[PDB]
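Below is Protease with amprenavir bound.
Letters A, B, ... label the chains, following the sequence lines from first to last. We're sticking with the PDB entry numbering for chain A, so the shown stretch reads 1-99, in order. Here the PDB entry sets the residue numbers for chain B, with the shown residues being 1-99 in order. For this deposited structure, the header notes the method as X-ray crystallography, 1.5 Å. In listed order, ligands and their atoms are each counted from 1.
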There are 2 protein chains.
Amino acid sequence: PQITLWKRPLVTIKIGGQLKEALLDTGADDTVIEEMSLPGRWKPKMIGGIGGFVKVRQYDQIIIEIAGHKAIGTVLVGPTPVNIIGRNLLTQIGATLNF
Amino acid sequence: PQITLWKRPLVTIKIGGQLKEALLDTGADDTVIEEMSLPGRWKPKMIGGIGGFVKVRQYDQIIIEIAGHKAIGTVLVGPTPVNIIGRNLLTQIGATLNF
Ligand SMILES: CC(C)CN(C[C@@H](O)[C@H](Cc1ccccc1)NC(=O)O[C@H]1CCOC1)S(=O)(=O)c1ccc(N)cc1
């Protein structure tokens, strides 16, 4: 698909058996999802943006289905106001910015 | 151009005659620039990011060149980890996300 940016680029994802809406965000280095349980080991991380930093849990080797495409990578879980698909997974689905 | 996302999508912008680096950010509704002098009056705006809400200065109808493409629109000035080009100006330069 070709997604225009007149509105927020929101897509459905499936993660841990759950359907969520997420923003495709080229300015996010990594994917961060609202609080949920994920399998496996995690370690703490701080991520920062407008308004400062938030503490998240970093899970590796997580599979997400993004607008029907599967990708695997690191997912950060924490108190984000919006689910964000970041570059670490956008690359895997072949997403590019074009102008 | 086509910009892939293996690295941060950093481009050169020109604003006030000065070259700056900025991040193309589909997850940002608005464009946010580090502190600098811009002409004209400003009005208050609250924007929310991952860490919370913050007050910034809104300048309307500012001329900015982004990776060689001319835009004229709203620029917010405030404490930002990086200059961010948001959807309000990505749409003016015709940017789309493709996968
Ligand atoms: C600020 C950029 C450099 C980094 N952020 C991504 C941005 O796309 C961010 C995404 C977002 C949208 C809505 C609410 C909360 C966050 N939009 C954003 O702040 O919009 C503001 C700036 C002007 O318009 C409004 S991030 O969320 O802090 C972040 C940082 C690290 C990772 N791993 C994940 C995300």
List the other chains with a heavy atom under 4.0 Å from amprenavir. A, B
Part of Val82(A) within contact of amprenavir (heavy atoms, under 4.0 Å): side chain
So is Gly86(B) in contact with amprenavir, going by heavy-atom distances below 4.0 Å? no
Evaluating non-hydrogen atoms only, which member of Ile84(A), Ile85(A), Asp29(A) is closest to atom 11 (C) of amprenavir? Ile84(A)
For amprenavir, does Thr26(B) get within less than 4.0 Å through its side chain, its backbone, both, or neither, judged by non-hydrogen atoms? neither
Subset of amprenavir atoms that lie under 4.0 Å from at least one heavy atom of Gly27(A): 2 (C), 3 (C), 4 (C)
In the protein, what heavy atom is nearest to atom 29 (C) of amprenavir, and what distance, to one decimal place, separates them? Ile50(B) CD1, 4.3 Å
Report the part of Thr80(B) (side chain from C-beta onward, or backbone N, CA, C, O) that has a heavy atom under 4.0 Å from amprenavir; answer both or neither where that applies. neither
When you compare amprenavir with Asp25(B), is there at least one nitrogen or oxygen pair between them that comes in under 3.5 angstrom? yes
I'd like to check whether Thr31(B) has a polar contact with amprenavir, where a contact means an N/O of the residue lying under 3.5 Å from an N/O of the ligand. no
Any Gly48(A) heavy atom less than 4.0 Å from amprenavir: yes
Report all residues and nucleotides of other chains within 4.0 Å of amprenavir (non-hydrogen atoms). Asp25(A), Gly27(A), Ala28(A), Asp30(A), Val32(A), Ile47(A), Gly48(A), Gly49(A), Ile50(A), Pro81(A), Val82(A), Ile84(A), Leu23(B), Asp25(B), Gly27(B), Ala28(B), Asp29(B), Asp30(B), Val32(B), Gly48(B), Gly49(B), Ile50(B), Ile84(B)
What does the N/O contact table under 3.5 Å look like for amprenavir?
unit_1, atom_1, unit_2, atom_2, d
amprenavir, 8 (O), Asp25(A), OD1, 2.7
amprenavir, 8 (O), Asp25(A), OD2, 2.3
amprenavir, 8 (O), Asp25(B), OD1, 2.6
amprenavir, 8 (O), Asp25(B), OD2, 3.1
amprenavir, 17 (N), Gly27(B), O, 3.1
amprenavir, 24 (O), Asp29(B), N, 3.4
amprenavir, 24 (O), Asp30(B), N, 3.3
amprenavir, 33 (N), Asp30(A), N, 3.3
amprenavir, 33 (N), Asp30(A), O, 3.3

